[PDB]
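Scroll down for the structure; my scribbles are underneath it.
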Protein chains: 2
Amino acid sequence: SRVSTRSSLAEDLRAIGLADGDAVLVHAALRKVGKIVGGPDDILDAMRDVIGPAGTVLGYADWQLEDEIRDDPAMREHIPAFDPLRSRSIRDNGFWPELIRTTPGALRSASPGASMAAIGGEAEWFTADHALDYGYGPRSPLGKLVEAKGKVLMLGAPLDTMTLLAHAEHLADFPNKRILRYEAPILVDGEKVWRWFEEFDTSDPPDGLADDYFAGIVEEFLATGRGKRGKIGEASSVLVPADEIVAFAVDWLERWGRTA
Amino acid sequence: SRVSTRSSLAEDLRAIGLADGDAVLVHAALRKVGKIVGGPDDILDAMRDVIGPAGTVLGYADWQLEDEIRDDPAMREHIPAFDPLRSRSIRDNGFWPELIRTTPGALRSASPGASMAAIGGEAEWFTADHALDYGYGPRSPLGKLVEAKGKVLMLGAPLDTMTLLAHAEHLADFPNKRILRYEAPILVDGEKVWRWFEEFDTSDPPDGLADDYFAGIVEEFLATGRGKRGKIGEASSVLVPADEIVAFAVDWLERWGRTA
Ligand SMILES: CC(C)(COP(=O)(O)OP(=O)(O)OC[C@H]1O[C@@H](n2cnc3c(N)ncnc32)[C@H](O)[C@@H]1OP(=O)(O)O)[C@@H](O)C(=O)NCCC(=O)NCCS
Ligand SMILES: CC(C)(COP(=O)(O)OP(=O)(O)OC[C@H]1O[C@@H](n2cnc3c(N)ncnc32)[C@H](O)[C@@H]1OP(=O)(O)O)[C@@H](O)C(=O)NCCC(=O)NCCS
Ligand SMILES: CN[C@@H]1[C@@H](O[C@H]2O[C@H](CO)[C@@H](N)[C@H](O)[C@H]2O)O[C@H]2C[C@@H](N)[C@@H](O[C@H]3[C@H](O)[C@@H](O)[C@H](N)C[C@@H]3N)O[C@@H]2[C@@H]1O
Ligand SMILES: CN[C@@H]1[C@@H](O[C@H]2O[C@H](CO)[C@@H](N)[C@H](O)[C@H]2O)O[C@H]2C[C@@H](N)[C@@H](O[C@H]3[C@H](O)[C@@H](O)[C@H](N)C[C@@H]3N)O[C@@H]2[C@@H]1O
Ligand SMILES: [Cl-]
């Protein structure tokens, strides 16, 4: 029965630990926030108020081409190329990355399935030079979030949607990492070309693990007393430092893979 | 029962009457088109291929401020002012105006409740200088649609959502037109100010007619033979000359006003 404002959301964000100059990747379930006077745009505006102009807000866009269409040779010349300026975010990830992507000023990185939207003082740097292959590795917004000592805010989102952990999956040395190869269309100086891609499998976990095991790792991280929980509006939310939870998740995975 | 492509939708638009250099207002129910390979963006892409670069495609954006919150004094300072670059389309008009508005190169006119989104060769003209009061009058994208001799296409949409006919309500001489007055926040060169507004009532029909009466007027115009029906992908869709349906509607309303 409580309605949120740009001002009250800024206090909530400061209360969970958002600070001046932060860079924050956000995963959101916006319905959990509850009634907002100015719609969910008040959340992004509140965040920009807190972190200031030097800060950056990010979201995981991906794109909408499903595998079964991509793999259907009949529709091959009817599939539109991925275009960081025009391709819309995968709807599976909710409105939040679309909200960012279509805010004037936002930029969107180049590696389609891993592509990120960002707005703020380092939006250019965070989206620049996104490797097409292994796009969850060091040459990616996720690696740059670790380098920048950014944060990840789960805004009512289930903890297994923390995509930053796919970057730990990339770094961790464990046996039998599944490698995925696929063909997708992209623009090379404004013209459509089909390109072969390669990356570590993000869609399914390492064999032996439950499909939602990212959530277990996050809770085990919060159990050490690092990170913070809080209400953003009415959404139960989590804020964690990106570098710490990736080091935690790397050795969680490296230790598990040794037992096999 | 089949998939539509940017090229399949292209030939469907040419058969309804879309032609080179056209400027067309679109009201859409996109779930009625069926499955499209590259999503509803393939619709707007097709149209811009049919009409060519001099063409122009429009949508009725409006905005999301709710009367209730607007008229709550306690919420006054928390209302985001209307911003033609940022305030999102009213969701009751469907995704289509948002689809246009969030396309790079697209423009949005200044008068909030009557705001229109536009992309194409004449997008700057169709959106320039939209009057804040009586925003369905002559100083309006709908007035310019008549002057440009454009078209309207109901793309699976209920024919009573044809907003151009509100422009016929502004123009037609019939007694007891209901004037609406309200205060609303608007961005004036980046700064929010509350401004009083007035216009003819678009939210309820003139006292004496059914709510969906716009619809019966449309198909009656179709009985004259001066419209064209046809299926866009899977959607039953109507295309109509703008200048003629206004005159047909104006005379309809003025003639009916005397009987009353
Ligand atoms: C799946 C998931 C998104 C569902 O969350 P949800 O709250 O149900 O859906 P969304 O987050 O899209 O938010 C919905 C709110 O959009 C607002 N919204 C959407 N578009 C809007 C618009 N154009 N204008 C105003 N509001 C809009 C609404 O409040 C809509 O709610 P309503 O339609 O019920 O009114 C959530 O559980 C989740 O998993 N989030 C994280 C996803 C992620 O980042 N995944 C990474 C890869 S694993
Ligand atoms: C109310 C009305 C809009 C409902 O239409 P609808 O087809 O059910 O809904 P929309 O037209 O918004 O289109 C829905 C399709 O959006 C696609 N779409 C929406 N957003 C998308 C996105 N971001 N990315 C990819 N696809 C998206 C989907 O196919 C969505 O369907 P799904 O959610 O079932 O998959 C329609 O009946 C109507 O009355 N239209 C006319 C509105 C108008 O012009 N009013 C004028 C003022 S009175
Ligand atoms: C860990 N579980 C996740 C699942 O959870 C969601 O669906 C479940 C269905 O039972 C629900 N129980 C659960 O509540 C809900 O959150 O959603 C699927 C969606 C699917 N397109 C893919 O996305 C991945 C992309 O394929 C990949 O490209 C991207 N990099 C990462 C995406 N997560 O894999 C995830 C993953 O399997
Ligand atoms: C006449 N019907 C319309 C309704 O759609 C539905 O109407 C009937 C129910 O009422 C249904 N039977 C019908 O299937 C369906 O089309 O949507 C509402 C949405 C509301 N924001 C307002 O928009 C108006 C704006 O408020 C106003 O600012 C603008 N100028 C004109 C808009 N129509 O009034 C319309 C109008 O009442
Ligand atoms: Cl995918």
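Proteins come first, then strands; the chains are lettered A, B, ... in the order of their sequence lines, and each starts at number 1. One-based numbering, in listed order, for ligands and for the atoms of each. We read in the header that X-ray crystallography, 2.4 Å was used to get this structure.
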Handout entry: ligand 3: drug
Key = apramycin
Problem - Main partner chain, apramycin (ligand 3), name from the PDB entry - result: Aminoglycoside N(3)-acetyltransferase
Exercise for the section: List the other chains that have a heavy atom under 4.0 Å from apramycin (ligand 3). Expected result: A
Practice task
May I ask you to identify, for A:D211, whether its side chain, its backbone, both or neither come under 4.0 Å of apramycin (ligand 3) on a heavy-atom basis?
Solution key: backbone
Handout entry: Contact bool for atom 34 (O) of apramycin (ligand 3) (protein heavy atom, d < 4.0 Å)
Key = yes
Handout entry: Proximal atoms of apramycin (ligand 3) relative to A:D160 (non-hydrogen, under 4.0 Å)
Key = 1 (C), 2 (N), 16 (O)
Exercise for the section: Consider apramycin (ligand 3): state whether an atom of it lies below 4.0 angstrom from any non-hydrogen atom of A:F214. Expected result: no
Exercise for the section: Go through apramycin (ligand 3) atom by atom and flag the ones less than 4.0 Å from a non-hydrogen atom of A:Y136. Expected result: 30 (N)
Exercise for the section: Check A:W63 against apramycin (ligand 3) and report side chain, backbone, both or neither, counting heavy atoms closer than 4.0 Å. Expected result: neither
Practice task
Say whether A:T161, considering both its backbone and side-chain N or O atoms, lies within less than 3.5 Å of an N or O atom on apramycin (ligand 3).
Solution key: no
Handout entry: Close N or O approach (A:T202, apramycin (ligand 3); < 3.5 Å)
Key = yes
Practice task
Write out the residue and atom name of the closest protein heavy atom to atom 29 (C) of apramycin (ligand 3), then the distance separating them to 0.1 Å.
Solution key: A:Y60 OH, 3.5 Å
Handout entry: Protein contact of atom 21 (N) of apramycin (ligand 3) - nearest heavy atom, named by residue and atom, plus distance
Key = A:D92 OD2, 4.0 Å
Problem - Nearest neighbour of atom 37 (O) of apramycin (ligand 3) from the list A:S203, A:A215, A:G113, on a heavy-atom basis - result: A:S203
Practice task
Give a yes/no verdict on whether any heavy atom in A:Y213 is under 4.0 Å from an atom of apramycin (ligand 3).
Solution key: no
